[PDB]
Visitor: 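Below you'll find the structure I mean.
Chain letters correspond, in order, to the sequence lines: A, then B, then on. Residue numbering for chain A follows the PDB entry; the residues present correspond to positions 5-15, in that order. Sequence positions for chain B are given in the PDB entry numbering; the residues included correspond to 1-15, in order. Throughout, non-standard residues carry their parent amino acid's letter or an X, and their further atoms are not counted in contacts. Excluded from the calculations below are hydrogen atoms, water molecules and symmetry mates; all remaining heavy atoms, backbone and side chain alike, are included.
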Amino acid sequence: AXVXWXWXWXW
Amino acid sequence: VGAXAXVXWXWXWXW
């Protein structure tokens, strides 16, 4: 939740 | 799995 995998940015 | 909340960076299980 934020930047990375899952949600927000990234994947 | 990331920066923010959960695992990785910021809050939850990591930095």
Visitor: What is chain B bound to in this structure, taking the chain with the most contacts and naming it as in the PDB entry?
Guide: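 It is bound most extensively to mini-gramicidin A.
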Visitor: Under what name is the drug at chain B recorded?
Guide: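 It's listed as gramicidin.
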